[PDB]
Enquirer: 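Below is a structure I'd like to ask you about.
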Amino acid sequence: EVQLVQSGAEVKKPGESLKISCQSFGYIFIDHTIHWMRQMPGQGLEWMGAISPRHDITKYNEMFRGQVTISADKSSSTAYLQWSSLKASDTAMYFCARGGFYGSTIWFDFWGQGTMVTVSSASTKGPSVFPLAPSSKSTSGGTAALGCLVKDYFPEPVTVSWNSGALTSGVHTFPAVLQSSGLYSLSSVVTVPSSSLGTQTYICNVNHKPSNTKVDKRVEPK
Amino acid sequence: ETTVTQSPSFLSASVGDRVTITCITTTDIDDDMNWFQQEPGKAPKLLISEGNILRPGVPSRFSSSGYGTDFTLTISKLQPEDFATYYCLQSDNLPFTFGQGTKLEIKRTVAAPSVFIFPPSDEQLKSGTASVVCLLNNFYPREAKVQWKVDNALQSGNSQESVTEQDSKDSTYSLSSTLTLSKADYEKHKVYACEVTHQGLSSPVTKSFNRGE
Ligand SMILES: CCCCCCCCCCCCC/C=C/[C@@H](O)[C@@H](N)COP(=O)(O)O
Ligand SMILES: [Ca+2]
Ligand SMILES: [Ca+2]
Ligand SMILES: [Mg+2]
Ligand SMILES: [Mg+2]
Ligand SMILES: [Mg+2]
Ligand SMILES: [Mg+2]
């Protein structure tokens, strides 16, 4: 069936150029138009522009004209979106979606899965992992909390498991925050029986693939 | 461009409830209103296309109405998978323009947070920085006020918060607040307090520690 497949996540510096892509499968490429949508972090959707590969005609939203170029390659059924000079404010998720022409009544019925673009002055950096140790100040009833602070890494993402995936109940891994450095930072916490605490070993397994940083941090009481 | 005004931005409802969301356009767009659902981390999904046409495979609990400038989407008998963000889209004229979205949240009973405070670790202190963390665990509704006090001085602009998505099992939220100071500043003060205000608490809850102890 119809699939639109986008290229992988991108991390860039301001001023750098970038071309991302969307390849169509399962239908005739020249029978439709391909449109590009921006979704800035935590925001809604914006239509950037579109191309008819059949007619080699592009249309742009006035707010994006001169900032980006949309193009297509009929031979590989691929559409492209490109910037010649990225800005930090271009940080967003980018989606391609299928549509029709003047007179068509169905818009964006199939979408790519979409492509994250991060633009920052920051450079790749692995996190430091610090314990958030259980004590009395973190023992509600017969419930204790503990965690790991995964501090000062770039870019996203990091993954965290507990006890190599054996501990899943009561785990909360928070969305990362972007610090004024920034460097991202997140915490992962788990609530456990206070009678734990004690006799059960708690280890957070942290993986930051961009810097190839992998850390197993034992978290002990007091 | 045609401006699209979607309301409400946020709506709580119970599983099984019926809700109606509206979109108003600044120009007459005839029947060219389209509705999308988007879950976190996913592409939007087309539900209904121009002329109130439900897309193949979309449940009939989704219906829409409207012509000209005023439009609605009704979801009947809300299922757990329905609690996502909805966007309207006008496809009358270029540029295509979308409403700002409606996030639907699962309504449940009030639950007060359990609150925990974590002093900075000795390992972190060795590197010249101190992060103090306050955790509010498993609470509802999402609205919560967290105030940091260092020797009774209210900290402002000094902290960052992060909130989880609504839990798929109990429909609660959790929140962390991190207060960041220099090692130097951390060591010149004694009492570190996180004060939490929430509708599930009859009065604010304070968690604190004295540095050293
Ligand atoms: C060959 C050039 C292709 C260029 C790139 C494609 C861009 C698509 C442009 C169409 C955008 C205007 C939106 C109008 C859509 C109408 O077809 C429907 N609302 C039906 O018209 P109604 O029944 O409401 O009058
Ligand atoms: Ca129409
Ligand atoms: Ca129209
Ligand atoms: Mg209601
Ligand atoms: Mg009703
Ligand atoms: Mg449920
Ligand atoms: Mg201070």
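Throughout, a chain's letter reflects where its sequence line sits, starting with A, and its residues are numbered from 1. The header says X-ray crystallography, 1.9 Å.
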Enquirer: Trying to sort this out: of amivantamab, onartuzumab, matuzumab, sonepcizumab, which one is at chains A and B?
Expert: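 That one is sonepcizumab.
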Enquirer: What molecule name does the PDB attach to chain A?
Expert: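 The entry lists it as Sonepcizumab antibody Fab fragment, heavy chain.
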Enquirer: What entity name does the entry assign to chain B?
Expert: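 PDB name: Sonepcizumab antibody Fab fragment, light chain.
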